[PDB]
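In the model that follows, one finds meropenem (bound form).
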There are 2 protein chains.
Amino acid sequence: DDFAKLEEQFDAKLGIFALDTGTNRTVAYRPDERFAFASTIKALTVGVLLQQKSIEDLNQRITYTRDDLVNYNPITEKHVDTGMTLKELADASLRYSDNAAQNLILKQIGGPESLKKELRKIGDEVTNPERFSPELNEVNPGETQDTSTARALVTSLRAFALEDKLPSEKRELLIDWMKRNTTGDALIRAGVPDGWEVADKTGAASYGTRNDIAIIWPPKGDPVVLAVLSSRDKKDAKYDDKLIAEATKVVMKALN
Amino acid sequence: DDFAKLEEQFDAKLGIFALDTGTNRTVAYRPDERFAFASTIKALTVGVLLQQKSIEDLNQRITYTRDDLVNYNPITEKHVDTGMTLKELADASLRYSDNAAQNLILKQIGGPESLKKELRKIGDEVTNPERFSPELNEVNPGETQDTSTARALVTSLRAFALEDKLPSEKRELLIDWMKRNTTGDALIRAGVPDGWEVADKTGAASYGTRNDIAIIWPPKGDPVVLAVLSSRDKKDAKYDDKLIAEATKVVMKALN
Ligand SMILES: *C(=O)[C@@H]([C@@H]1N=C(C(=O)O)[C@@H](S[C@@H]2CN[C@H](C(=O)N(C)C)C2)[C@@H]1C)[C@@H](C)O
Ligand SMILES: *C(=O)[C@@H]([C@@H]1N=C(C(=O)O)[C@@H](S[C@@H]2CN[C@H](C(=O)N(C)C)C2)[C@@H]1C)[C@@H](C)O
């Protein structure tokens, strides 16, 4: 098995689940193993923002200071003086993984416990949002706060992006943002041929956790939804993006 | 001088122009020397496309056939059967240097002769569009068809991307496609300090011509607009991407 081999090669533990929505074929490898979701949660978080706001409501302007800024604020740091609309915060959070943007959105939806409630409402009993960004990244093995599984992230991302947890114009915003992600070139995108459209959201945390979740549109045929998660046994361990890229090529082989 | 030393190391001719939009300082080395523009023209071509369409017009679906495919078609070869929208064609052209994408876009704006006339209209009396792709890359020394200069490409790229040849929303589309280019990692991007954002478009053509034009954003402050062009004296000469990267570093020192 190629997935076992990857784990061997990169001294890491993989979580994989992929679903071909056209065939209902799946590819699983530790699909129900828990991993820190890290910033992949940003995607489900915007899912819930969109469900709870009209499109026009995303034009509301959010004011903030350097106190609402945290460790990684690539877009938010530019706009302290003017603020940002919810729409521009969605963009920043999904496409640059802006942590402060995530916290600001999370506050608009009522916080982690309110995100959790909303995910339970759409059918996800697995994903456990507990903390703000960045501290959600600090997860020790055995703990369950701020964790999910490859199976559940796929199911939940599909529910918002492709099914009926959102109306079509809102699913379109979500997919556009995710399609135009900037943080993912060496991950799922590097394990798919060019001209296969990918919408993804990356994550990284402690214990060398390195995640990517995606919807992949092959040139014709229905989309594949895919989570590829990984983690290692030392708290301060490095991850290797190539593992996600290689895993991704294995999934596509197995599905075709 | 460092630029001469790069010319000597790489046995090539360099064309450099950079402009610091903050201070109006410039860095020039053979700024008015002509080079084949190659696929850098794609950026300017989208600038015109954007100027002549509403953003919503970009969703017009273009149907095309396999005759429209040329030598290098990474995205467009996957969608002969469905076609692609103008928006999707712009993305393919800019982020993958898709040649067929560029030729379809060129046909939508009326062809190279029409593109040239739109460039004259924004003030560019230098850039000489004449052929479709890839034939545009066959330029012998002393010839002027499909050539420009480092100064002109910088001037024209600024005009569309930063000044008033487009309204802000279309500038934003242009800038985002170029920020997310997949073809430029070993060029200007390699000579810029980490975490400065870069929008770029690359090119290569006969006589070992190797090009990259870009906009570079210091973390705070106004952007730098940059062209780094090169060529060599044999028709079938190889280029070296490291030339462009090293020239870029020199540009950055001379501006800091
Ligand atoms: C996400 O998991 C965390 C923030 N979002 C990120 C991302 O998904 O890219 C991280 S990733 C980590 C930081 N360094 C690596 C890198 O390639 N960069 C320099 C961006 C990846 C980012 C801190 C969030 C939980 O903090
Ligand atoms: C334009 O310059 C040509 C197309 N655009 C390119 C690019 O910018 O990437 C070229 S150049 C060259 C061929 N191999 C190099 C490479 O490393 N790859 C991207 C695979 C780039 C591409 C053919 C057009 C004029 O043909």
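Chains: A, B, ... assigned top-down by sequence line. The numbers used for chain A are those of the PDB entry, and the residues that appear cover 31-57, 59-83, 86-238, 240-252, 254-291, in sequence. Note that chain B carries the PDB entry numbering, so the residues on display, from first to last, are 31-57, 59-83, 86-238, 240-252, 254-291. Indexing begins at 1, ligand by ligand and atom by atom, following the structure's order.
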To what macromolecule is meropenem (bound form, ligand 1) bound in this model, taking the chain with most contacts, per the PDB entry? Beta-lactamase
Which chain letters belong to other chains having any non-hydrogen atom below 4.0 Å from meropenem (bound form, ligand 1)? A
Short N or O distance, A/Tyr105 and meropenem (bound form, ligand 1), threshold 3.5 Å exclusive: no
A/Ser130 N/O to meropenem (bound form, ligand 1) N/O under 3.5 Å: yes
Which organism of origin does this entry record for chain A? Bacillus licheniformis
I'm curious which UniProt active-site residue in chain A ends up closest to meropenem (bound form, ligand 1) - mind giving me the heavy-atom distance too, rounded to 1 Å? A/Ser70, 2 Å
Determine from the entry whether a covalent bond links meropenem (bound form, ligand 1) to a chain, and give the residue and atom if so. A/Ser70 OG
Mark the output for A/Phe68 as yes if a heavy-atom distance to meropenem (bound form, ligand 1) is under 4.0 Å, and as no if none is. no
I'm curious how meropenem (bound form, ligand 1) sits relative to the natural ligand site. Which residues UniProt lists as binding substrate in chain A have a heavy atom closer than 4.0 Å to it? A/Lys234, A/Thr235, A/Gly236
Atom 25 (C) of meropenem (bound form, ligand 1): which of A/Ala69, A/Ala238, A/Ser70 has the nearest heavy atom? A/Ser70
A/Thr235-meropenem (bound form, ligand 1) polar pair, N/O distance under 3.5 Å: yes
Heavy-atom shell of 4.0 Å around meropenem (bound form, ligand 1): A/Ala69, A/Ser70, A/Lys73, A/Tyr105, A/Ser130, A/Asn132, A/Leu169, A/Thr216, A/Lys234, A/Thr235, A/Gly236, A/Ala237, A/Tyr274
Once you restrict both partners to nitrogen or oxygen, which atoms of meropenem (bound form, ligand 1) have a protein partner under 3.5 Å, and how far apart are they?
residue	atom	partner	partner atom	Å
meropenem (bound form, ligand 1)	2 (O)	A/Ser70	N	3.0
meropenem (bound form, ligand 1)	2 (O)	A/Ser70	OG	2.5
meropenem (bound form, ligand 1)	2 (O)	A/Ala237	N	2.8
meropenem (bound form, ligand 1)	2 (O)	A/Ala237	O	3.2
meropenem (bound form, ligand 1)	5 (N)	A/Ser70	OG	3.1
meropenem (bound form, ligand 1)	5 (N)	A/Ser130	OG	2.4
meropenem (bound form, ligand 1)	8 (O)	A/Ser130	OG	3.3
meropenem (bound form, ligand 1)	8 (O)	A/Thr235	O	3.3
meropenem (bound form, ligand 1)	8 (O)	A/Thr235	OG1	2.7
meropenem (bound form, ligand 1)	26 (O)	A/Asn132	ND2	2.8

